[PDB]
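Read through the structure below, which is laid out as structure tokens, and then see the notes.
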There are 2 protein chains.
Amino acid sequence: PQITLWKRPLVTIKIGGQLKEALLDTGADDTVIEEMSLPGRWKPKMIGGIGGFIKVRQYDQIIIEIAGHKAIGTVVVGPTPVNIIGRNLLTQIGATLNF
Amino acid sequence: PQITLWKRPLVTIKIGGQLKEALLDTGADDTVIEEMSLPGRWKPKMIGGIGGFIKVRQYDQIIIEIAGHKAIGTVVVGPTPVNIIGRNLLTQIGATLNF
Ligand SMILES: Cc1cccc(C)c1OCC(=O)N[C@@H](Cc1ccccc1)[C@@H](O)C[C@H](Cc1ccccc1)NC(=O)[C@H](C(C)C)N1CCCNC1=O
Ligand SMILES: [Cl-]
Ligand SMILES: [Cl-]
Ligand SMILES: [Cl-]
Ligand code: NA
């Protein structure tokens with residue numbers, strides 16, 4: 001699709017067998033999802049941005065279907081105010097900014 | 001242009017006669033810049049990022065160039081770690097996310 005930016009670019013994603021709404025976020029390096037279970041090993045890390053830092057659990061090789069497009073990569077899980085699809089997965093679905 | 005996302009979508013902007021680096025961010029509702037002087041009166045606003053909310057100064061009808069594209073609109077100033085071009089100005093310059 002071609003998504004205009006009058007509203008937040010929210011899409012449905014499928015992760016860990018669950019449907020979630022998430023923000024397509026060119027300003028995010030990483031994909032950050034609210035608390036959920038994911039399989040496999042994980043490693044803690046901190047993410048800091050506007051407002052300060054939160055602690056997240058990093059899971060590797062997680063598949064996510066984003067608006068119908070499959071991608072695999074690292075997903076971090078933690079107390080984010082909004083589910084965020086960041087550049088590590090936007091590249092995989094071929095998303096670009098155009099103007 | 002068409003900007004891929006393998007690296008951060010950083011561009012040069014011009015505001016108050018000065019060049020600065022900023023992030024094109026589809027996950028930001030508004031445009032927030034690091035501390036600088038802008039003309040006119042400002043209004044209070046808060047913006048929420050990954051770690052909580054910050055207070056910013058909202059200036060309206062500010063002249064700003066984004067990657068060579070002229071715009072006039074709302075710019076907020078505050079303690080952001082990175083200059084952010086958000087959806088208000090991305091929409092004005094015709095940007096869309098495509099995949
Ligand atoms: C939501 C909003 C409303 C009004 C105005 C603004 C600017 C708004 O956006 C605020 C905001 O922080 N939006 C984020 C996503 C957002 C929207 C709504 C709520 C919470 C978050 C995101 O897009 C941009 C922001 C930029 C950033 C800031 C400081 C340092 C580095 C980068 N990016 C990050 O925080 C990312 C996180 C998400 C992995 N990040 C931080 C670790 C280093 N690298 C990195 O990429
Ligand atoms: Cl990844
Ligand atoms: Cl590509
Ligand atoms: Cl505006
Ligand atoms: Na894993």
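Here is the naming used below: chain letters follow the sequence lines, and residue numbers restart at 1 for every chain. We use all heavy atoms of the structure for the numbers below, so side chains are in, but hydrogens, waters and symmetry mates are not. Just follow the structure's listing: the first ligand is 1, and inside any ligand the first atom is 1. Going by what the header records, the deposited coordinates were determined by X-ray crystallography, 1.4 Å.
Of the candidates ivosidenib, erythromycin, lopinavir, the one located at ligand 1 is lopinavir. Of the chains in this structure, the chief binding partner of lopinavir (ligand 1) is, as the PDB entry puts it, HIV-1 protease. In this entry, the other chains with a heavy atom less than 4.0 Å from lopinavir (ligand 1) are A, B. Among A:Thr26, B:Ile85, A:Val82, B:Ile84, the residue whose heavy atom sits closest to atom 19 (C) of lopinavir (ligand 1) is A:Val82. In terms of protein heavy atoms, atom 37 (C) of lopinavir (ligand 1) is closest to A:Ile47 CG2, 3.9 Å.
In this structure, the protein non-hydrogen atom closest to atom 15 (C) of lopinavir (ligand 1) is A:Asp25 OD2, 3.1 Å.
Using 4.0 Å as the threshold, B:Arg8 has a heavy atom nearer than that to some atom of lopinavir (ligand 1). Selection from B:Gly49, A:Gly49, A:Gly27 by nearest heavy atom to atom 33 (N) of lopinavir (ligand 1) gives A:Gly27. Remark: atom 23 (O) of lopinavir (ligand 1) lies closer than 4.0 Å to at least one protein heavy atom. Protein heavy atom at the shortest distance from atom 46 (O) of lopinavir (ligand 1) is A:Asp29 N, 2.7 Å. If you number the atoms of lopinavir (ligand 1) from 1 as listed, the ones under 4.0 Å from a heavy atom of B:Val32 come out as 7 (C).
Nearest non-hydrogen protein atom to atom 35 (O) of lopinavir (ligand 1) is B:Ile50 CG2, 3.8 Å. Regarding atom 5 (C) of lopinavir (ligand 1), its nearest protein heavy-atom neighbour is B:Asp30 N, 3.5 Å. Summarising the contacts of atom 10 (C) of lopinavir (ligand 1) with B:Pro81, B:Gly48, A:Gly51, the nearest heavy atom is found in B:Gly48.
Looking only at protein heavy atoms, the nearest one to atom 8 (C) of lopinavir (ligand 1) is B:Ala28 CA, 3.5 Å. Binding site of lopinavir (ligand 1), heavy atoms within 4.0 Å: A:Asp25, A:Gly27, A:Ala28, A:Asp29, A:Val32, A:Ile47, A:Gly48, A:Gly49, A:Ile50, A:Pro81, A:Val82, A:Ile84, B:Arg8, B:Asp25, B:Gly27, B:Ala28, B:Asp29, B:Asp30, B:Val32, B:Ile47, B:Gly48, B:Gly49, B:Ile50, B:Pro81, B:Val82.
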